[PDB]
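Proflavine bound to yjdF RNA (R. gauvreauii).
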Amino acid sequence: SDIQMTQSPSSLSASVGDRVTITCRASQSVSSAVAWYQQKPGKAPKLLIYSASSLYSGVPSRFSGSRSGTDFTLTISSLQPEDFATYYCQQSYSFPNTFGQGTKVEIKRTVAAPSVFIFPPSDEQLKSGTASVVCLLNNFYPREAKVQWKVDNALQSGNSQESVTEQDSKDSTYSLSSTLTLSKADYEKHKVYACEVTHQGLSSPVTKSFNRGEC
Amino acid sequence: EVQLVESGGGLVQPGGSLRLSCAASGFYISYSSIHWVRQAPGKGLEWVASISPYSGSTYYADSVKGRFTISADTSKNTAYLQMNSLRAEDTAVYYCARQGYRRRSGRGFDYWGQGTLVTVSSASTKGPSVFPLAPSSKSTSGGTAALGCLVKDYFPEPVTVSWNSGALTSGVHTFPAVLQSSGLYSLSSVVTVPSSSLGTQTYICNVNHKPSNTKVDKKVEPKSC
RNA sequence: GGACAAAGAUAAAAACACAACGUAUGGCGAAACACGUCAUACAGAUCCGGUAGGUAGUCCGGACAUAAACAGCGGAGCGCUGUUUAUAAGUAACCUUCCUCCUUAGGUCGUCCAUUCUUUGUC
Ligand SMILES: Nc1ccc2cc3ccc(N)cc3nc2c1
Ligand SMILES: [Mg+2]
Ligand SMILES: [Mg+2]
Ligand SMILES: [Mg+2]
């Protein structure tokens, strides 16, 4: 039977100087054969802790590791701006090796309302034979937001794809784009298209809409 | 001084074979365990395979058992991962890692490569079709409007987007590409500009897709009335 | 006094040779497994009877314990249970008694200790 490593929490929000703890629970004994790593987006992981308590050469002291039974914790005594990354735990007691699902450490910030814009399909795209309508939610925090597309005030499901940016270096906010892809004919069968955003910063749903064939 | 460089990734069709290499420098692979770990785009690390020192013992994960072979060539100081009968789920960045000395670093992986991308897909290289996202015809909210381009139906990655030939770099968000049901990628790049400039200033996005040899400059302007 | 006899108490006591693979755990070797090396442990010298009175780590016989092979049971592999076999060569070799034409053998009888003192019966 393979060993499972369950990492909690999947995502954590904290500020510079915070003490952070991430835990990993093993389905069976793994003794002390546990390691932790830090992967910054687009970069290879870097070894942080080995043998589940030992600090790897050259790693900052603030990072520590503790073992209680089959539970292992990684602790940063005081966060620094360079310490915001995804963190992984790994067991190496028995093959096959297994990794934790990861924990992303993000900057904590003021609740920020999204600025919402709606872009109608371009004429070149309708000449190409497809229609895409793009909603943009700009500079908002936290990353938890919802977009409800409405064609002629009719809710649409399964035709919308979303994409979110990594937290900004300066504003520490996330931006989201939602794209609704409809057939050119279907885009030409409906007169009203709206984007409804429900976010914590938004006291009420904020909707930005256009009509088919209007300026 | 210690370095690992993976190579040999790329795009392969489902059911096809690929062979990854991990060239080492600053150490001899015979005295260490070598591991291959893959990371699917937007997903976590997944251990793939390992080779032990002085025995050649090979260990694999269930997801790859029977289809992957890990080997080592000491004279070329290089590890290898042979993948046969590949499928879309194998698409990932593959790192090779050195396992550290047990006395110094336990069983942790102390050095990794930059990774190499493996894309399993039947899609053919397509040049991106860049469309224009017009700034709001109505007055913008906040006094700054948003104008963007849509780089849609391009394979494979990556694309590069500049604005005004790179003169406009502040406030631009290029979104991560999303794979659509077609198997082709799509993304959008948007910029916020002062609304006073929308009629006075012309905004162009420059999209480059080197794999297809595609350079496009698309002008985004407000629409009629 | 001495002799024979029985019954007691006491003491004694087996030659030569006794091997060689390997397994497990842990440490170390640039070392999760394999490999090499070192340390430690295991690798029937348990119990009983007999062997014309006695002496067995090695006999003969049996039991038990432990290991291997085979059979059965439960959820190919894995774990147990039951049976068989094994646990040196060797009670081989030499010497020796008897028997058998397995006779250039096979079996079998021996190889060691049995001292000292006490009581009684009859000469
Ligand atoms: N070599 C031998 C031969 C026969 C033996 C017979 C014995 C009978 C009883 C005992 N206690 C020890 C014995 N030892 C013997 C040693
Ligand atoms: Mg006896
Ligand atoms: Mg003796
Ligand atoms: Mg015998």
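Chain letters run A, B, ... following the sequence lines, proteins first and then strands; every chain starts at 1. Only this structure's heavy atoms are used, side chains among them; waters, hydrogens and symmetry mates stay out. This entry, so its header tells us, was determined using X-ray crystallography, 3.0 Å. Start at 1 and go down the list; that is how both ligands and their atoms are numbered.
Copies included, the model assigns proflavine to ligand 1. Other chains making heavy-atom contacts shorter than 4.0 Å with proflavine: C. The entry attributes the source of RNA chain C to Ruminococcus gauvreauii. Applying a heavy-atom cut-off of 4.0 Å to proflavine picks out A14(C), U51(C), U55(C), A56(C), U91(C).
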